[PDB]
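Structure of interest - contains Taxol.
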Amino acid sequence: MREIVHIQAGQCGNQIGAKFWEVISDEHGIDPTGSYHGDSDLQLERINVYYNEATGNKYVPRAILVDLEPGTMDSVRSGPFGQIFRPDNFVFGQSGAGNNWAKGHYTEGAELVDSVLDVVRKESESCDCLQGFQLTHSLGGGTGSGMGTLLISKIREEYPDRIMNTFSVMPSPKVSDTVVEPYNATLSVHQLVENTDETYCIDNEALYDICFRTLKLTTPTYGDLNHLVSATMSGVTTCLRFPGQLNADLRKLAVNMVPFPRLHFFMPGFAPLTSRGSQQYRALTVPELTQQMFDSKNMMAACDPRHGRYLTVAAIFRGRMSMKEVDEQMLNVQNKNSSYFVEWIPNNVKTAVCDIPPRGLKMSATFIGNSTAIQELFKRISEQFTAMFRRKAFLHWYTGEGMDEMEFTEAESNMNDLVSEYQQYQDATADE
Amino acid sequence: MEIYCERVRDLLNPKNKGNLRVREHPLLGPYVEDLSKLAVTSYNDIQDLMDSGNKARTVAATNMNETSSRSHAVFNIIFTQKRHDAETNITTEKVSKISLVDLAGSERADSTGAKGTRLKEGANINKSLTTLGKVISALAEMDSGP
Amino acid sequence: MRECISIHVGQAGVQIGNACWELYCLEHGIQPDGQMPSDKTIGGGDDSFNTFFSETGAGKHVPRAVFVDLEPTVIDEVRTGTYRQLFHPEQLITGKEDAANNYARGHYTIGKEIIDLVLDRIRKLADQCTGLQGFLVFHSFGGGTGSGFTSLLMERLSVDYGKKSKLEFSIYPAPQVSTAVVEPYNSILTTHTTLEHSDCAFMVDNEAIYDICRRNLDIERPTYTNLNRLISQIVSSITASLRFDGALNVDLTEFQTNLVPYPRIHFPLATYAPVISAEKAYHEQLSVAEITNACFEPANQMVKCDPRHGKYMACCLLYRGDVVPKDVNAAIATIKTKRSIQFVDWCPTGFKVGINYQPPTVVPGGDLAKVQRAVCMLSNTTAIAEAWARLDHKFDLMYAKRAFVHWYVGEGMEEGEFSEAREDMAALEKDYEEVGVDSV
Ligand SMILES: CC(=O)O[C@H]1C(=O)[C@@]2(C)[C@H]([C@H](OC(=O)c3ccccc3)[C@]3(O)C[C@H](OC(=O)[C@H](O)[C@@H](NC(=O)c4ccccc4)c4ccccc4)C(C)=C1C3(C)C)[C@]1(OC(C)=O)CO[C@@H]1C[C@@H]2O
Ligand SMILES: Nc1nc2c(ncn2[C@@H]2O[C@H](COP(=O)(O)OP(=O)(O)OP(=O)(O)O)[C@@H](O)[C@H]2O)c(=O)[nH]1
Ligand SMILES: Nc1nc2c(ncn2[C@@H]2O[C@H](COP(=O)(O)OP(=O)(O)O)[C@@H](O)[C@H]2O)c(=O)[nH]1
Ligand SMILES: [Mg+2]
């Protein structure tokens, strides 16, 4: 059986994980107390992917919560689903990172990492056949970047064979909330490019754009953004939990997506989106989902896919639909926009279908694209990084915690090399 | 130094369970941090160091060779010339680096009878060798073209 | 006694097996639970025929089949489905992840640790048999399991049993539509086992059957169930001669004697002529000449290749129902008269004919109409190569840059093993371009 271990670090990761757990639970039918109150019999068939049994016919999620500030832990416990988690998995400290990558990675995180790893070993030992991990965090912050990177490094050292994923919120181009975002983002990407096996790039600006233009909300809050991200996270790994006509394990997605080891950054997407009060106008079907799925406005990465080429793409459908319609639509999309697909991969669309759609959605589709245009994002950070490293704007805060300029230089060089690789394929011609 | 499975291990340094980090000096390029760099003054010293290094290397048997190598090996010599004509010349004029590299042999898996840990070592060796072939081909094409 | 063993590997094989065994259970009057009430009403006969079913003491019939996969989902659909009481509980799941579209995982690392159980189950089934005739393996190119584990299993079977026939039905990649970006690697690697160990391999493509469903059957949104039902009809027509009485009967050895002029030329195509909806079933006589002329139509081929670009080297016709030898002789003469169908000079006869009395059955909730006469053609042509050539092109376009190669190398494969296979494939294609050159 395929068991997944879930880790959460920092304010952003913890809130996303809380909303995500509030979702999966409904999909499988779990009350906030833990007892099962459902209708179908397929919901318990594969519940062990995420949940562990407990003696009173109870289910406890296989999650780990990490921070260095008790405030977020208190907020999560004092909530609708606070009592579902195991208390022993609430690992935390005091005197948080303070938006400093050095404090998170070297000074403060180095004390709590041992306890976090002990909990991780205990959780992974009980699994029958572990599949992989997944971790949610924010790169622009403190605690999240440092402790997530340290945990990723340690876990990769200990479990070299299994899959590692990451759902990371990157710094946005214009909507900014921390003055030293570029240092943390660069130092985090320098390690993410090496250690993890997949990465999905989320941007707050894209989510706000979707909420205001597509969903037509008036006062979006972080709850809705967490909703979107949770929807995507649940849709990615559906085929481990429900039967279908074409299954797609995480490893299969990894093999079909990345052509080379260093290019494992993806743009996610979800369809459909009717904004309500206009559901009665749109006819839901397969071509409509495909039309909405490949559109640029839908992307959550805040980067235009029209400025590059799709290295490859994967689509996971959920519903009861015909295979010919799916295959015809993917072929049509490939043939119509022939300029935006790389030419030395003869077919670069992976397809999967599952029979059980979401609670109230006769159909749904998830999208994982791998395109060169993502380089734009990295370039932005790199530019800003230079603008603050040429004069050493806020460097002393890092150097007081045990770092040196060499670390910054090598991180900048590594990200620039990543940008150069992605740019090597972006231009047309190339061919044979 | 040796490369076993994407980890650098020192040989002259005695039993040290930890690995050695790889860092890039901005001007001098890649290198490895805390490599036990040892001086020499007699042929006996370097001979004994070479014997100890070969002894401590990781080696395993297989169908293709009774004593095969499970790790790439790199031997490096740093040599300094000091011209000390006190009237005119200065010392430490020339510094030179000599590198001697022994690579692991491509594993065919089924023909070698690999199994368990040996198979994973063979897989890592093959990955490294394929990467080496790709760079070599790319660099050759690049220099040939321009 | 005439006996066969069926092996289904991978998701495609298991689903095709579901459709097949539904058809077989329907044909002989066996309920899903294995009981056969008609014996109490009939009072005699061996209608619980030994070609596919073994009879226990209490009257229950258990099929001669082995299901294999490296993930639990697809078989767990069967363990709790309608036919949960038909099969033996030994279904051979791997309690681990799947090959993940990786040939190396399915042949070297994860493909083992379950091969021994499969061989033991097959050994028990073959030992229980008395007069085993052959194996029918169902798999699919382009899948990790269906390529790698099929290769390993076929190699072991050839080493172990040796002289028994080994047919093979497979889903070949389509020219344009596809569901994986690493299909060509898997197919080209799988070339070796189907070339060397298999005795006769039949090819099927999804695009061809989609077109047939669209035009003949008038289904605008078909799914895999229709595909599997059609393939099951073809396989049943092939195997029917072992079961029911007929005027002219053909064993598996006859197929392997008349369709393979040389050892390395054993890749024929298969077609089924009367595919027609119930609404269009009227307005048409569906006589022998019509159905046998429908076989040679290029639009009814089950693989997207044009037979007109090559030459026909051999043909087997299998008739079911109310058919008379006078009509089939006249049909053969008419087909020989036409010029569009070209026969190689060194095969003056060309045709083999078999006739069976049992007409085809109709599944409830199906799409094919009830018909009185049915035909299955197995033709050995030199048009196949064309399809292979297309696939080869795709492989080259990805192998010039070594894309996706590190995934294969990290699981025990060596790089050079790619190139060898490609060259091997080139050799087969050239021998299908010389066997047809006109003699001088
Ligand atoms: C009444 C109705 O059916 O209307 C739809 C609806 O209008 C739309 C707009 C829904 C609606 O979603 C949003 O408005 C939204 C707001 C913020 C962030 C993200 C979404 C919907 O709220 C979301 C809701 O989705 C679900 O309930 C899914 O089953 C989904 N739900 C969750 O994510 C979830 C959240 C908390 C707790 C439990 C589940 C799901 C998916 C996989 C597995 C389990 C659940 C649906 C269909 C609708 C409404 C209600 C309007 C959409 O969302 C989903 C996930 O279906 C937005 O894009 C889709 C397209 C739908 O047409
Ligand atoms: N005709 C037909 N083809 C199918 C069916 N299901 C899957 N396929 C084909 O199978 C190919 C995918 O490979 P699979 O056969 O699923 O490989 P697998 O059995 O899943 O093995 P793994 O990939 O390791 O899980 C696709 O190209 C499909 O065209 C089916 O029900 N009918
Ligand atoms: N999507 C999303 N982003 C958030 C949320 N809360 C904070 N953020 C983002 O997280 C960034 C700050 O990271 P932070 O959580 O403080 O990192 P930490 O201090 O190490 O835990 C800001 O740029 C915010 O935009 C949330 O609930 N959802
Ligand atoms: Mg499968």
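For reference, chains are lettered A, B, ... following the sequence lines as listed. In order, the residues displayed for chain A correspond to 1-432 in the PDB entry numbering, which applies throughout. Chain B is numbered as in the PDB entry; the shown residues are, in order, 147-292. We number chain C the same way the PDB entry does; the residues here are 1-440, in that order. Remember, it's 1-based here, ligands and their atoms both numbered in the order they're listed. Cropped entry; intra-crop contacts only.
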query: Where, by number or letter, can Taxol be found in the structure?
result: ligand 1
query: What does the PDB entry call the chain with the greatest number of heavy-atom pairs under 4.5 Å to Taxol?
result: Tubulin beta-2B chain
task: Give the letters of all other chains with a heavy atom closer than 4.0 Å to Taxol.
output: A
query: Which residues count as the binding site of Taxol under a heavy-atom cut-off of 4.0 Å?
result: A:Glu22, A:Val23, A:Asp26, A:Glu27, A:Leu215, A:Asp224, A:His227, A:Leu228, A:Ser234, A:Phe270, A:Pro272, A:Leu273, A:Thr274, A:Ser275, A:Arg276, A:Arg318, A:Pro358, A:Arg359, A:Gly360, A:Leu361
query: What does the entry say the source organism of chain A is?
result: Sus scrofa
